[PDB]
J.: 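As an example, take this structure containing darunavir.
Simply put, chain letters go A, B, ... down the sequence lines. Going by the PDB entry, the residues shown for chain A are 1-99, listed in order. Residue numbering for chain B follows the PDB entry, covering 1-99 in order. This entry, so its header tells us, was determined using X-ray crystallography, 1.9 Å. Read the numbers this way: they start at 1 and go in the same order the structure lists the ligands and their atoms. Side chains are part of it too, since the values below use all heavy atoms of this structure and drop only hydrogens, waters and symmetry mates.
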Protein chains: 2
Amino acid sequence: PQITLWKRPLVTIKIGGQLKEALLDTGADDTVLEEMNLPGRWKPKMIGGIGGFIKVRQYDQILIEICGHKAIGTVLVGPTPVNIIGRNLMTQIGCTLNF
Amino acid sequence: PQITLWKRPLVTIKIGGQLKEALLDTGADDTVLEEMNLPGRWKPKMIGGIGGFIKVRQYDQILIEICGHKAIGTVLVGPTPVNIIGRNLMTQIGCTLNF
Ligand SMILES: CC(C)CN(C[C@@H](O)[C@H](Cc1ccccc1)NC(=O)O[C@H]1CO[C@H]2OCC[C@H]21)S(=O)(=O)c1ccc(N)cc1
């Protein structure tokens, strides 16, 4: 599909057996989701943006389905105010910017 | 152009007569540029990102060229970690997400 940017590009995702709404975010290197209880190993990470940094948990090789498109890769989890799909997974579903 | 997302979608912009590099950021409602001198009247504003809130100078109706495409809109100036082009200007240049 084609998503215009009049409004926030929020799409439905499926991860860890849950459906959520998340932002298709070309400005995010890596996906970061709001706090959730994922199983498995993780590593601490710090990610920075406007206002400074937050601490997150980095999970590797996590399956996410994004508007019916499957993807598997790094998913960070932490106190983000919004679920963010980053470039690391957007490349896997075929997402480009066009103008 | 069609821009893939295996690298950061950085583009050359022109604002106030000066060339800069900026990030096309579909997760940003607004355009936020690093500290710079800009002609025009401005108002003090606050904007929030992943790490908290920052003070910015809001310049209205600013001419800005993005990768050869002209826009006229709001530009926020402050201590952002990177020059980001938000949806307020990406809509003006006809930018969409496609997969
Ligand atoms: C500033 C960018 C280079 C990086 N950010 C992605 C960006 O899209 C965030 C994503 C975002 C979106 C909402 C809330 C927090 C973060 N947007 C943002 O800060 O936009 C602000 C300017 O316009 C306003 O609209 C939204 C917030 C304001 S980030 O959220 O900090 C980020 C950084 C690293 C990763 N791996 C993932 C996300």
J.: What name does the PDB entry give to the macromolecule most in contact with darunavir?
T.: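 By contact count, the main one is NL4-3 protease.
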J.: Counting only non-hydrogen atoms strictly under 4.0 Å, which other chains reach darunavir?
T.: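 Chains with a heavy atom that near darunavir: A, B.
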J.: Quick one: which of A:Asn83, A:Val82, A:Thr31 has a heavy atom closest to atom 13 (C) of darunavir?
T.: A:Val82
J.: Which residue holds the protein heavy atom closest to atom 4 (C) of darunavir, what is that atom called, and what is the gap in Å?
T.: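 Result: A:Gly27 O, 3.5 Å.
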J.: Taking 4.0 Å as the limit for heavy-atom contacts, which would you say applies to B:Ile50 with darunavir: side chain only, backbone only, both, or neither?
T.: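 Looking at B:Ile50 and darunavir, atoms from backbone and side chain both fall under 4.0 Å.
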J.: What I want to know is whether B:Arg8 and darunavir share at least one N or O pair that is separated by under 3.5 angstrom.
T.: no
J.: To which of B:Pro81, B:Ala28, B:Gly52, B:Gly48 does the heavy atom nearest atom 28 (C) of darunavir belong?
T.: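 Going through B:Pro81, B:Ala28, B:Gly52, B:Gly48 one by one, B:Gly48 has the nearest heavy atom to atom 28 (C) of darunavir.
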J.: Taking only heavy atoms of A:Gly49 into account, list the atoms of darunavir that are under 4.0 Å away from them.
T.: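 In order of numbering, the contacting atoms are 31 (O).
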J.: Got the closest protein heavy atom to atom 24 (C) of darunavir, with its distance?
T.: B:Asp29 N, 3.5 Å
J.: Can you pull out the closest protein heavy atom to atom 36 (N) of darunavir? Residue, atom name and distance to 0.1 Å, please.
T.: A:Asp30 O, 2.9 Å
J.: Heavy-atom distances under 4.0 Å are what count here, so tell me which part of A:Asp25 touches darunavir: side chain, backbone, both or neither.
T.: side chain
J.: So, at a heavy-atom cut-off of 4.0 Å, what does the binding site of darunavir look like in terms of residues?
T.: A:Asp25, A:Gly27, A:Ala28, A:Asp30, A:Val32, A:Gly48, A:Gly49, A:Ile50, A:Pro81, A:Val82, A:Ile84, B:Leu23, B:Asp25, B:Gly27, B:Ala28, B:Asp29, B:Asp30, B:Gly48, B:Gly49, B:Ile50, B:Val82
